[PDB]
Number of protein chains: 2
Amino acid sequence: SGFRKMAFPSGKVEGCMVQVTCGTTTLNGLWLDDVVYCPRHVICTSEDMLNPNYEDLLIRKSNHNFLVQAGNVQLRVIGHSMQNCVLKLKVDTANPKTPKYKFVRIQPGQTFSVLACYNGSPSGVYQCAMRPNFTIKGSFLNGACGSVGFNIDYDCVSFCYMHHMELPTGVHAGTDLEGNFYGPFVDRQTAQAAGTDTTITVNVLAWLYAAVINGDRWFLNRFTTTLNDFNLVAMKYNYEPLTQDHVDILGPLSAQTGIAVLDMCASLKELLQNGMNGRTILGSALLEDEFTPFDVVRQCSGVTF
Amino acid sequence: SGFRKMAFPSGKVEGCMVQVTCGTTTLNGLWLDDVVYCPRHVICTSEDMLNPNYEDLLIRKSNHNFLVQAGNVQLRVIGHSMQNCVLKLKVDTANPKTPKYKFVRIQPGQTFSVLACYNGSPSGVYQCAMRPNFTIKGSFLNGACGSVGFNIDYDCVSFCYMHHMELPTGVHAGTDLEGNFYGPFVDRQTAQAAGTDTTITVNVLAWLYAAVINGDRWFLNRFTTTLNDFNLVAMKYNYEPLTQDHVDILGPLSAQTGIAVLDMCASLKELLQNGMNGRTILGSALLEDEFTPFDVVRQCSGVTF
Ligand SMILES: *[C@H](O)[C@H](C[C@@H]1CCNC1=O)NC(=O)[C@H](CC(C)C)NC(=O)OCc1ccccc1
Ligand SMILES: *[C@H](O)[C@H](C[C@@H]1CCNC1=O)NC(=O)[C@H](CC(C)C)NC(=O)OCc1ccccc1
């Protein structure tokens, strides 16, 4: 037993990380087949970053202005193009460690592992949720751009995130691997609003299920509720509305525990209305919303890769 | 910026995990050079587990009774021995993916990454502290035994933990890679006490430093304290006594923030005495003690491997 925020094993992704240098600036890129993907702001200088004209800046660059290194292995760039906010550098050598992979644009509320990298070298790995407002709460320093987020299913790595920037609130923003930002963000050094961030209701319920499965059953009450009744309380506490689709997704966990979803909603409503009374749930004194239902089942059936 | 519980990249360790089967029982082993290390209870049946006579059980086993598989790669066992609570199986083939490595017996309060595995296949990775009472708060299901804990320094993997058992409290126990248990535990299915678990004071202070570095400065007060004064309060809240060695270890963080350690102790004392007032620090409504000073500096200078 036990329940922990658990990242995917990172080895398949470690093998794809490279260093990309364009003049002064170094950041990380992702080497898959004979293409290296990295944030297009690798081409910017200090002055450019307030409002870069990326098309103009990239025109001043040729293939030989991009230095790509995989460890000591120097790669040779034989073509470059910009797709949205990412550069694709065609290289002479196919990555021999390329995993089976897909590019996916993830939904808000879904989770993924981040391999934080500097200078093309892995630093560490952690789980993140794509927040409803299309930010993540990460840990990234200068040089971390081009670090990626991913999920693994069996043998297939689904890349969903590449890191580009930090917002004034200290939260993080980035793109999919086609270079489209999640949320309203643009890659320039301006103040940008993320807007209200709501709690992922279905994930909180998943985690309450996890907690019950792990012996914590004190928060359970003799009450039930309705979707409408609960959703009035959800809106009050800036929680996402719960839908029948959400109820359906929780079905496995509800069946495993024999606790009906609306009964867990009634539990959740009491927690929201009355706080925790200085008590804790799975080691936390707050309601946790970065575990999906899938996350909970995976960590209870022992799914491997 | 941002501060997250961050595991080491697991790829070097992924390459060493194998499946070990002895009759019915399967668990994980660690394949380094031409030796596979695994928990000795792989040789037990259901009946044996209350009080196994390991010496007698192992005598009934030969080399060919151990089936070791690395993926599909079958390995051939050419010798076996028991060292404390671990079996060492000599195999015909040296692991070609063996990292540079050391075996280390870790100190209480130090942290490490756990690669949770089932059937010799990696499931996920998370950070753990060795608690003062020599338990860890992990996430392990049936079949997880032989999963290992490690640290990485530059290119060298220091293995410090192998998983063996779960205690009645839901916490976890295991050995170093020489098979000696951390704490008073024995590998039999009996009720075993871990005893009082104290909070790792130096780690809480490290994390308060992390919090200040990341903008959270509300908990700071105009007060100071003395080591003796603080330690009277530490003992009251089941915190470890703070020593000058601890103060010395926090020196880098104190200098970086310009906050004196005893001033942070005064902050910590107020938090202990007056709770948090429903406020939060680096996303937590509790005092966090599983980040070492090293952990904090690593995640602020962007150390890579
Ligand atoms: C790319 O490595 C870098 C990652 C930032 C740096 C600090 N924490 C992060 O996530 N991204 C940028 O520097 C980005 C470049 C623009 C052209 C998009 N600008 C940015 O994120 O500004 C915010 C910032 C906050 C704190 C320090 C530096 C920059
Ligand atoms: C080895 O894979 C297993 C790991 C336990 C299983 C559940 N959570 C864990 O950490 N270790 C044992 O089964 C161990 C074997 C003895 C001979 C040492 N016994 C044990 O840990 O008993 C506690 C237990 C709790 C919950 C389910 C099963 C066993």
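The sequence lines are taken in order and lettered A, B, and onward as chains. Heads up, chain A uses the PDB entry numbers, so what you see runs 1-305. Numbers in chain B track the PDB entry; the residues on display, in order, are 1-305. Both counts, for ligands and for their atoms, begin at 1 and track the order of listing. We use all heavy atoms of the structure for the numbers below, so side chains are in, but hydrogens, waters and symmetry mates are not.
- In this structure, the drug found at ligand 2 is GC376 (bound form).
- Bound to GC376 (bound form, ligand 2) with the most contacts here is the chain that UniProt lists as 3C-like proteinase nsp5.
- Chains with a heavy atom under 4.0 Å from GC376 (bound form, ligand 2): A, B.
- Residues in other chains coming within 4.0 Å of GC376 (bound form, ligand 2) by heavy atoms are A:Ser1, B:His41, B:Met49, B:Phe140, B:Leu141, B:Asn142, B:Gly143, B:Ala144, B:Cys145, B:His163, B:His164, B:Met165, B:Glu166, B:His172, B:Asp187, B:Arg188, B:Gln189.
- The distance from GC376 (bound form, ligand 2) to the heavy atoms of B:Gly143 drops below 4.0 Å at these ligand atoms: 2 (O).
- Of the N or O atoms in B:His164, one or more lie within a sub-3.5 Å distance of an N or O in GC376 (bound form, ligand 2).
- GC376 (bound form, ligand 2) places these atoms under 4.0 Å from at least one heavy atom of B:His172: 10 (O).
- Applying the 4.0 Å criterion to heavy atoms of B:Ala144 picks out, from GC376 (bound form, ligand 2), the atoms 2 (O).
- Examination of the model shows the covalent partner of GC376 (bound form, ligand 2) to be B:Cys145 SG.
- The protein atom (non-hydrogen) at minimum distance from atom 13 (O) of GC376 (bound form, ligand 2) is B:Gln189 OE1, 4.0 Å.
- Counting only heavy atoms of the protein, atom 17 (C) of GC376 (bound form, ligand 2) lies nearest to B:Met49 CE, 3.6 Å.
- Counting protein heavy atoms under 4.0 angstrom from atom 23 (C) of GC376 (bound form, ligand 2) gives one or more.
- Nearest UniProt active-site residue of chain B to GC376 (bound form, ligand 2), heavy-atom distance to 1 Å: B:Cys145, 2 Å.
- Protein heavy atoms are found inside the 4.0 Å sphere centred on atom 9 (C) of GC376 (bound form, ligand 2).
- Taking distance alone, with nitrogen or oxygen atoms compared against 3.5 Å, B:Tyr54 stays at or beyond that limit from GC376 (bound form, ligand 2).
- In chain B, the residues contacting GC376 (bound form, ligand 2) fall mostly within the UniProt domain Peptidase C30.
- Looking only at protein heavy atoms, the nearest one to atom 2 (O) of GC376 (bound form, ligand 2) is B:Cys145 SG, 2.7 Å.
- Numbered from 1 in the order shown, with element, the atoms of GC376 (bound form, ligand 2) that lie under 4.0 Å from a heavy atom of B:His163 read 4 (C), 9 (C), 10 (O).
- For GC376 (bound form, ligand 2), the polar-atom distance check finds an N/O of B:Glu166 within less than 3.5 Å of one of the ligand's N/O atoms.
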